[PDB]
Amino acid sequence: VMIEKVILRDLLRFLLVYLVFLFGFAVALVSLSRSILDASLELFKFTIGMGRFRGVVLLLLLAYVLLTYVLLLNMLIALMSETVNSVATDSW
Amino acid sequence: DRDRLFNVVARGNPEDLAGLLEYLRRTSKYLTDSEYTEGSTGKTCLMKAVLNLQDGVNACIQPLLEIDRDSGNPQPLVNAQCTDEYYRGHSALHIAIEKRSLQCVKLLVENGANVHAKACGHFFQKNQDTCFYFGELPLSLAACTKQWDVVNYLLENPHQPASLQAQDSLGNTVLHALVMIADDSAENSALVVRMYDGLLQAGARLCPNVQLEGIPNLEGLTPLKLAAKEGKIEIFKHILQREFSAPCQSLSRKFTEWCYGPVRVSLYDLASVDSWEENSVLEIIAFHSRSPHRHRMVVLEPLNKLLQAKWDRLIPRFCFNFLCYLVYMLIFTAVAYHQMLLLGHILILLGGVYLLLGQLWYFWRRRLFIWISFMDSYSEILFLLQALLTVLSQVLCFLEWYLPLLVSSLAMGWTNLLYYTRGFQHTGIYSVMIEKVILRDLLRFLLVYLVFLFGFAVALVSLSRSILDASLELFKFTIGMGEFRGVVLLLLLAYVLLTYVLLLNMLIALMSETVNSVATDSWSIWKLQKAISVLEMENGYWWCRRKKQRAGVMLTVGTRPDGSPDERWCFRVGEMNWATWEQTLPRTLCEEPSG
Amino acid sequence: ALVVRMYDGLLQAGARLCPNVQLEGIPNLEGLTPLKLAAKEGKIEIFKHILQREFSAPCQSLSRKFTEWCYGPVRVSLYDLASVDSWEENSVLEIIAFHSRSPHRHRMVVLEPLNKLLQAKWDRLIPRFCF
Amino acid sequence: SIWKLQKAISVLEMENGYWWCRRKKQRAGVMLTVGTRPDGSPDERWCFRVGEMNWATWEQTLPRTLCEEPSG
Ligand SMILES: C=C(C)[C@]12C[C@@H](C)[C@@]34O[C@](Cc5ccccc5)(O[C@@H]1[C@@H]3C=C(COC(=O)Cc1ccc(O)c(OC)c1)C[C@]1(O)C(=O)C(C)=C[C@@H]41)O2
């Protein structure tokens with residue numbers, strides 16, 4: 001019940017954020033190299049780890065990793081603030 | 001002699017002062033001469049006398065004034081002022097008011113004191129430390145120190161009637177000073193509101209024609225606006241919801257339109273709160289306010305109902321630019337995909353010029369307001385930044401390094417889509433929490449990592465000449481992408497350990513701690529941000545949104561003290577109370593409950 | 001409440017019966033006056049009471065705090081710093097800083113004749129810190 | 001309070017000085033006359049000032065003050 005409640009709280013919003021940034025990074029790699037669909041599949045399997053120039057690639061990696069840390073911390077503190085604001089008696 | 005004289009007045013012995021008048025007749029000098037004054041911060045014997053009161057009185061004062069009057073002193077003793085930049089203009093009368101003696105005040109006024117004499121020293125300024133600010137006039141001092149009798153006396157004296165219209169060097173009047181001294185404590189609150197109400201009634205009695213709230217200071221601020229500006233909560237609350245059962249009911253703002261069972265409809269006046277007028281109260285809470293409790297002001301009834309109405313009227317215009325900006329980001333994702341691309345890229349250059357002109361109009365119009373706004377202007381900064389990045393990438397693509405700026409502008413546009421999450425409640429709560437946190441604490445965490453990363457990158461570069469490639473090898477090591485050996489490995493583990501099990505860890509805890517401090521007040525910040533949105537929208541794009549409507553309905557509520565009736569604009573709000581039968585019915589103006 | 005009442009009564013009685021002698025000046029074998037000793041062990045309430053004393057008695061010379069002048073809500077208080085200044089050898093501040101062994105030293109820091117003095121010295125020496 | 005403590009540590013260390021001594025350090029405060037003792041000789045002490053703002057002052061009347069006017 002808590003899992004479904006927190007999913008209904010956060011999932012759609014965080015998914016829209018991640019989809020917006022994913023299409024951004026995908027079209028970015030498409031311009032950098034493969035259209036946005038193929039670059040989207042490649043970037044999605046790149047972040048999962050499945051699989052001058054090195055400076056640009058590392059700058060994209062630094063930006064994505066720290067931004068993903070920002071979003072992960074945001075979802076963490078949002079779940080914490082919601083849980084602290086949550087009523088905990090009425091679960092019974 | 002001056003030391004003898006000061007011992008006389010501190011003694012307060014009249015017969016000890018006898019013969020000094022003949023001593024002055026023989027001496028043929030004046031009591032205003034510098035010999036009988038102290039050099040630095042030149043005060044007089046009279047001020048020393050008034051400082052030294054024997055059980056509320058002092059006997060030497062009237063014979064001393066008679067001595068100066070018989071002395072042929074052109075400038076009299078009483079109106080003389082101090083000299084110091086610390087202390088200028090201070091009088092005997094200021095002291096007598098501070099030492100709480102009506103009798104000495106009556107004596108000074110009966111001997112031709114000044115009432116408009118005002119003290120402009122550094123001690124009488126708000127910005128300093130260990131200093132007292134009350135405005136500058138004596139009547140203001142009587143008001144601030146809750147001496148109602150002295151106020152009644154200074155208004156009602158025959159000789160020198162005080163003027164409520166009068167104002168100091170900063171143009172502040174009595175009401176402005178009462179605003180300036182207000183803090184959060186309960187006794188201060190009760191005293192200020194009682195004094196404020198009594199002063200309005202007395203100003204009604206003495207200058208009925210003048211609207212006392214209307215006078216602004218040098219900054220063009222009326223006392224309601226100044227009350228808003230300094231985060232003064234309680235007096236502001238009381239000024240909005242203000243009702244007089246007096247004959248002078250016209251001073252009041254709240255009215256009851258009709259009442260029927262538990263349902264009644266309240267009228268509030270809205271003359272200053274209207275966003276139509278220049279320097280609205282809403283624009284001043286929004287932009288010019290530097291208060292920490294600016295969120296706390298918004299919860300009050302007319303503000304809440306008005307912002308709720310404006311936002312519910314506004315929601316389709318919000319959804320309109322939501323879809324427009326999403327379609328623009330779609331077109332730019334397409335042009336980035338196909339780099340059919342040429343005309344799309346020309347449209348993207350047009351859109352970059354559009355966002356550039358919009359943010360240029362925003363920040364070009366207001367600069368000092370941008371300096372005030374920098375604590376929370378985080379969104380329009382990112383909009384101007386994305387516009388500048390897109391401008392640079394399009395101009396350089398019209399001419400080798402344009403692709404990094406292009407991918408930065410694309411990523412920042414599709415993340416700037418997050419601005420429009422503020423429409424719904426919980427999404428706006430999460431986004432505003434994230435934006436307020438990232439201003440507060442994320443900048444500290446960013447600085448700490450970079451020094452250690454620079455050290456470890458130069459470390460590997462010296463251990464195993466481009467600092468960039470050194471940082472490349474280091475972040476490829478730390479993220480796990482790519483690669484004495486044992487000692488170096490140990491250092492890397494230690495470096496990796498610290499990298500994630502310290503900064504990240506401590507920062508997260510601090511953020512959690514920070515959240516608790518800001519906890520249970522989020523709804524107010526959410527309600528606030530919508531105000532910014534609606535006001536902006538009210539402002540419109542480069543294509544303008546001028547000719548915004550009024551907020552209320554016009555209803556002539558009673559009659560003025562002047563014979564003319566008083567048309568006002570008013571915003572009506574419903575209310576349901578079940579404790580009503582205990583209370584007596586309020587005075588009403590509309591009989592039939594219809595419309 | 002016991003300690004502050006008894007301490008003040010003893011000071012008044014010692015003023016009455018041995019007027020030449022200043023009782024709080026006498027150190028122990030470790031060489032500490034009672035103010036320093038109360039600082040060193042981290043006893044708080046008695047310390048707070050010792051710093052800001054007043055006496056409406058004919059003998060107010062025992063007391064440390066005074067009032068320079070008063071005007072509206074503003075008033076200006078004097079304090080003595082005859083043992084508190086870092087100028088002197090084996091000061092109270094050196095004892096709170098180094099020689100103490102108490103957990104709660106931080107609560108002893110935030111007191112009025114300490115706090116204004118620390119602020120004055122800190123803002124006196126900002127540029128050497130930046131240097 | 002911890003931050004005030006750290007500043008106190010730092011200000012004591014910086015007043016101690018470098019390898020070159022920070023000697024001739026200025027005594028704080030100002031010498032005044034508080035009064036005379038039960039001994040006929042006067043009291044003379046070093047002193048430091050502080051400001052306060054209190055709004056209960058109409059409930060509880062003012063204490064004795066040696067300085068008449070606000071000075072410096
Ligand atoms: C300090 C600032 C201004 C900032 C500038 C750039 C570098 C930025 O990285 C950050 C921190 C950073 C640095 C390196 C890697 C990741 C994150 O956050 C923003 C800044 C953060 C992101 C994420 O977008 C947001 O800030 C959320 C947001 C959107 C719209 C808003 O109106 C808003 O205000 C409420 C907040 C956008 C970037 O510009 C982007 O897409 C790229 C290229 C990196 C992002 O720095």
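All chains are named by letter (A, B, ...) in the order of the sequence lines, taking the proteins before the strands, and each is independently numbered beginning at 1. We show just part of the entry here, counting contacts only within that part. All ligand and atom numbering here is 1-based and tracks the order in the structure. All values below were derived from every heavy atom in this structure, side-chain atoms included, with hydrogens, water molecules and symmetry-related copies excluded.
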Help me with this one: what macromolecule has the most contacts with ligand 1, named as in the PDB entry?
trpv2
I'd love to know the name of the drug at ligand 1.
resiniferatoxin
Which other chains are in heavy-atom contact with resiniferatoxin at under 4.0 Å?
A, B
